Trainee: 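Below is a structure containing sitagliptin. Please help me interpret it.
Note: chain IDs run A, B, ... matching the order in which the sequence lines appear. The residues of chain A that appear here are 22-736 by the PDB entry count, in order. Chain B residue numbers are taken from the PDB entry; in order, the displayed residues are 22-736. Atoms within a ligand are numbered from 1 in the order they appear, just like the ligands themselves. Atom set for the values below is all heavy atoms of this structure, side chains included, hydrogens, waters and symmetry mates excluded.
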Number of protein chains: 2
Amino acid sequence: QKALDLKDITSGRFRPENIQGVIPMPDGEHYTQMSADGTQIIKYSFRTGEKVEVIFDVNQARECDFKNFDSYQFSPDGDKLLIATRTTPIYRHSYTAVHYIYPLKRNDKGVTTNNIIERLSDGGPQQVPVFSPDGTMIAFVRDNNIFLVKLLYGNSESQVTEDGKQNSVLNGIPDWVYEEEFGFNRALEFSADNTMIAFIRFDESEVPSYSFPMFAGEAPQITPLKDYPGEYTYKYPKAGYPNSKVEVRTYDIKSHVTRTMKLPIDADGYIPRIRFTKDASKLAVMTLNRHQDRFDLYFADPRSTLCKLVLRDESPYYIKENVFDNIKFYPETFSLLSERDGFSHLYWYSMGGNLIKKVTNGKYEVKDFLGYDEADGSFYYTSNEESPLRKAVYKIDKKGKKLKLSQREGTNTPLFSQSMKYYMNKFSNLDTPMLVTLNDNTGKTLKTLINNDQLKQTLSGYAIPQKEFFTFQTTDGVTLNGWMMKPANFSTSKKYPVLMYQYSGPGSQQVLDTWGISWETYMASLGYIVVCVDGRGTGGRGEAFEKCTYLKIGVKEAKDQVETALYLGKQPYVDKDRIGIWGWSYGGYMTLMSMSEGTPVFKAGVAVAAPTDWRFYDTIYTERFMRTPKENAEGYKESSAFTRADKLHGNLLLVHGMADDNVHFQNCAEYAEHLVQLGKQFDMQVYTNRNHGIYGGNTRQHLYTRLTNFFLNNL
Amino acid sequence: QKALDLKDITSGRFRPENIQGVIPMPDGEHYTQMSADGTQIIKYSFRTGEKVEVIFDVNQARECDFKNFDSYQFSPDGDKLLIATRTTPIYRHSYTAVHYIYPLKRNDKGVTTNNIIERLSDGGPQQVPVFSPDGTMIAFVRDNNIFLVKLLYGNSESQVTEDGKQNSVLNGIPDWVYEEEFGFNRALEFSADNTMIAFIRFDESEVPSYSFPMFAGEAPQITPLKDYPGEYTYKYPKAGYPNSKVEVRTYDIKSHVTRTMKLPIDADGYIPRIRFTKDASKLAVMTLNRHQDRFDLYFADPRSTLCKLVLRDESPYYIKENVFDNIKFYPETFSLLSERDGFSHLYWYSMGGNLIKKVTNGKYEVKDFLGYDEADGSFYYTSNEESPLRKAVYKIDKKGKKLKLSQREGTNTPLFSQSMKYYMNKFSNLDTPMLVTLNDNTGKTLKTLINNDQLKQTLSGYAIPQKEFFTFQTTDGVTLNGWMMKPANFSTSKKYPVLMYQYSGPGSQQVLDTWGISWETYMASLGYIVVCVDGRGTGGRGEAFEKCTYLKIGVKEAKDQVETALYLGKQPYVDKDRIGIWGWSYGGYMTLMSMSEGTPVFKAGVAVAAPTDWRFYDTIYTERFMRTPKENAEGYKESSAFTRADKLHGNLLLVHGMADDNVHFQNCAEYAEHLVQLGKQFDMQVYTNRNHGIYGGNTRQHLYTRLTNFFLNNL
Ligand SMILES: N[C@@H](CC(=O)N1CCn2c(nnc2C(F)(F)F)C1)Cc1cc(F)c(F)cc1F
Ligand SMILES: N[C@@H](CC(=O)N1CCn2c(nnc2C(F)(F)F)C1)Cc1cc(F)c(F)cc1F
């Protein structure tokens, strides 16, 4: 019966027990994980779940200068560990860290804990270090150049590129927009030979600069800025501006000759990935055109420079970013996820580019390709075949027989062993916070490592609202999925205020059979009905449902949020005059769109870190859905929150971080002044030195307290 | 009985009729004024108030390319008019304008309207043009250099200085901080000879730069910034940073030789003014030290460069800026306002520097010295001898007899004729919006030009709260003046919420017997008791009362605002739990100080454009009261709103303009983050591209609507 406390939510007091840093060892029988302390790396058996041994310990390693470590990686051989310390984030995926090599060699007592640890580099902190296939070399990036460490040669460090320059030329790591929008941090590969390095070189010299102020602030304090403010500058192309010029280069480890691949790509095209195949003489180069609807897979010869078109996959809309990391190479074959038939499905290709078979078919979506077992010819993947709200692990055999491997319905995230014999399963649903099991490739639970019983017990003493799923029919006959969360004291006799939550961005889903206690859960415990509906444009229901928004985003999503409010307003326990809506990022943009759709259904709303005109956002994301402002002028105008701002109805709170390198604070500053000149009253909360995550010290608690009080006062 | 409408207040619908651009002509019998149209300049008699003639008309002037004009100036002779068009503000006092010379020569019909108008310069817009004593030359500034126009030589334009450079060297106009804090826009003078030009040269090259973003915005839209924002940069030294290096230079009109005056000034001193005397060979140079408590008046020879100390005036606190423009030169004598005896009083000096007499004495303050009539030896000035709430015009004869010239008690602002024979009087009090009379130097009303009867009649239909003055005693026995404004329906039976308004800055006063209808008046008509009290630190009551705050500003002012709230809270018609406070500029800073003084008396407050730590503010103002941060570390800490922020009590709204070149938006951004990390909830309203005035298009209406709703919701 006690009441949830927001501070418990924001401080993560109900964060379920989990396992971090799980890496399948090459042997195929074992996995390693990080200790909770962050001070040990411990080996375990997939088959039994038994602790085999502690392989690494900060208090039991020689010349180890760090107290805790952040992350780690095994050499492909299994004899060395690359360990990262002092991890310093740059953008969402990039960071520097001081890395260390730890050899896994047994001593006189047969233990791997008393070895000596070698600083990976006597120079400065490193980016994206990667082992060569034999484990004898590590390539890394620092100051936008590539460096090579030869472990057989005294950790011999050589400099591969000399033209790296800040805000000008990047070697082996992507620029801001590629990193954010193709979702990756490394373009740096070794050949199966161990003889060649391949990398993408980004020339962003003629990409526009963007700069915003930095104040001293607090948590952290930037002390040089105590009296006079400073600034942050970086390359960021807005919609329709020029992107980096990119090319693929190779470096011959024994020769030291650098070569450029002769890739026939459009001047304004992209190279979202490179990947060495299992063939030593074949480097996969993935390329898109600027409209992002033609994916061309090339095989480049790292020595001759010759590039051969292997596959062309085309769309009347666009190719999604998630395809690229589902391309896995094997001696004679490779996988490909494609939406050609209207659903995300798995295709199996020969290494000549020749379609062997369509592995999955049906009106469901494959989410991830987990791997192929050559022993039986069988494919492992996750999908939502059960329902768009769920994900389960599946196996399809060589003849086409499908078996679902998950024991329980909800959200199943598997991490397979090297051999596909075993997998670790992390599971949740609305009622299960986390349950971690070890399973074999038939689905049998070999061991239950974590059940989160202690969490359930602690929770037992609190009065927890419960989510329930529901569907309803829009006025044009579309089924929408949503969840509804009612106070634990709910009465059909009483009428209640409503808080709608949504994200609503292309391909996204927030209606998922998974567990959480969030700020929404807290709102529900304060007496609100909290509802979340995934409108048109969201993922999991195939291409037509997702991409009906193409060239004019936000409009259809906004009507479906208005339709959701009308439907709630008809319910006898809902006070239609007290309906609020909020969201963050695309969700904040959708709050503005929805509150100014024309039907005055919302009393109040909060838009956090909201884009307000798509011309302020970046090239790769915006153009994927909208093309450029010059090709799609009317679409940009119609998708803009500015155009419909005179119909804004309800009390609005705009929240933004002033150091947002993702949705620039420009969005909020320009939109607010439009609102001022229209005579619309609204409220603001701007956060000094905060980015798109708005976090730091007491910031999140402060922010959710502000949102709580805003809806308490306006609903 | 109708209700005031805020939109009428912000659109200036009750702005009293007045007269603009009143200039006393040299003859001493006449004044000129601008038409309301802005299209005519019309001559009138002081003696009779009769219209003599229209001297200038846009529709009746030849080769006149403008529809309206902004301002105008007469040649010292009376034969030419310098007229300004296209006035473009830069800071509070500086602007560029395209000027035109119009000769006042009669035609065949005897009229001055059909003449030809000459563009003052074929080059670009000009700054601070000034006539030579004979009227044959005009000096002006453009692009930080001095130019000379010789009207007897075909409007011959020559360039006096060649080293002017933006953000580097200014000739003849002050930098940002001198302009704002010594209150002037021109350091450019001709000798009585008409033979020499003198000017101050500002070298701000080593003053720090400050930059803030500019967005496109609206009203005005900055169209180049529609996609990518820009910035504004200028020189602005914060407290304790270096000021411009300054010197006085002269240019020999016939010789073209430039010379530097040998002024013995401290390295870090100021030259707040230069002024040519009635002696052709004597240039007054006014200088302060950096502590601003030693005013040294020098007489410089423009040819020999030799400078002679004429007067030293010293203070244990500081010399106020208002003294400099009260120094008026005569053939054998000059005036000086000084606070040496503890009150602002008028002193009469010989031109050798030798005190002839103390003209005024008593425990009241002289506000302005209006002039000296040599015929009777008599002095004209304004003072508050009646009460700190009032100002009247006074005359003191050669033998010491004093006569008060004003007919009515309240606020009397006089503009004397060249000869001191007549003056124009603008008058108001709590009940008189504006009454404009013409009076002779005994006080007799010769004519009443304006009575604002129409305004009174329009007002008659509205229900107007009325101000009344009051005093009360603080707990340490100090008498404070305040005004109280109650709703027109006031009842002693009812209990009411309170809105306190204050400015509270050193030497300022808001409790004045003068007329206005403001946002406060609107709040009163919505059912609030609105109170304003001038606490310790404010002006008009002598040096001890004003400067008891020296070296630790804000603390004492804040206690007196808390004492005002306690006193109001004891009244039976005041609900002590519903007391709010607000202010703008220093008044916004005082809102924070007062709301975090420690006694939790305020329910809510609004701080507009508030300084929050004095180290963020500029050198001349801050140091006048606080010296530098390095000399007064503990004083800066104790005056800071940051230090006491943990005691903030009540709901706060912070309002700021993001392009504030005066109180940088840094103040608000740094303070808000301090509040976030302390866990204090507050509200914000930031205004894109707005300066310290926060105005533009619908901005003011939007802003006062926001303040109204904030107190309505929190009180
Ligand atoms: N910038 C966008 C990034 C994104 O949408 N994807 C990149 C990463 N990704 C995606 N799909 N899978 C992956 C990942 F697995 F690589 F991470 C799509 C997200 C995003 C959308 C907005 F409208 C906005 F205002 C801010 C914002 F940060
Ligand atoms: N910057 C200050 C200027 C001033 O106080 N004087 C300059 C002009 N002046 C004065 N006294 N007479 C005159 C004038 F007649 F010259 F105008 C004093 C005003 C001021 C005080 C603050 F705390 C602040 F946060 C902003 C701000 F703009």
Trainee: Specify the chief binding partner of sitagliptin (ligand 1) in this model, using its name in the PDB entry.
Mentor: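 The largest contact count goes to btDPP4.
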Trainee: For sitagliptin (ligand 1), which other chains fall inside a heavy-atom cut-off of 4.0 Å?
Mentor: A
Trainee: Which sitagliptin (ligand 1) atoms, with their elements, are less than 4.0 angstrom from a heavy-atom of A:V684?
Mentor: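 The atoms of sitagliptin (ligand 1) under 4.0 Å from a heavy atom of A:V684 are 24 (C), 25 (F), 26 (C).
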Trainee: Would you mind telling me if sitagliptin (ligand 1) is within reach of the side chain of A:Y638, the backbone, both or neither, using heavy atoms under 4.0 Å?
Mentor: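 It is the side chain that gets close, since no backbone atom is under 4.0 Å.
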Trainee: Between sitagliptin (ligand 1) and A:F345, can you find any atom pair, the residue atom being a heavy atom, that is separated by under 4.0 Å?
Mentor: no
Trainee: If you measure from atom 16 (F) of sitagliptin (ligand 1) to every heavy atom of A:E342, A:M611, A:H713, A:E201, which option wins on shortest distance?
Mentor: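 Going through A:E342, A:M611, A:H713, A:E201 one by one, A:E342 has the nearest heavy atom to atom 16 (F) of sitagliptin (ligand 1).
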Trainee: Could you tell me, atom by atom, which parts of sitagliptin (ligand 1) come under 4.0 Å of a heavy atom of A:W635?
Mentor: 23 (F)
Trainee: Only heavy atoms of A:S606, strictly under 4.0 Å: list the atoms of sitagliptin (ligand 1) that pass.
Mentor: 22 (C), 24 (C), 25 (F), 26 (C), 27 (C)
Trainee: At what distance is the nearest protein heavy atom to atom 4 (C) of sitagliptin (ligand 1), and which residue and atom is it?
Mentor: A:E202 OE1, 3.9 Å
Trainee: I'd love a list of the residues lining sitagliptin (ligand 1) within 4.0 Å - heavy atoms, by chain and number.
Mentor: A:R113, A:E201, A:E202, A:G204, A:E342, A:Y524, A:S606, A:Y607, A:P632, A:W635, A:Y638, A:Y642, A:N683, A:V684, A:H713
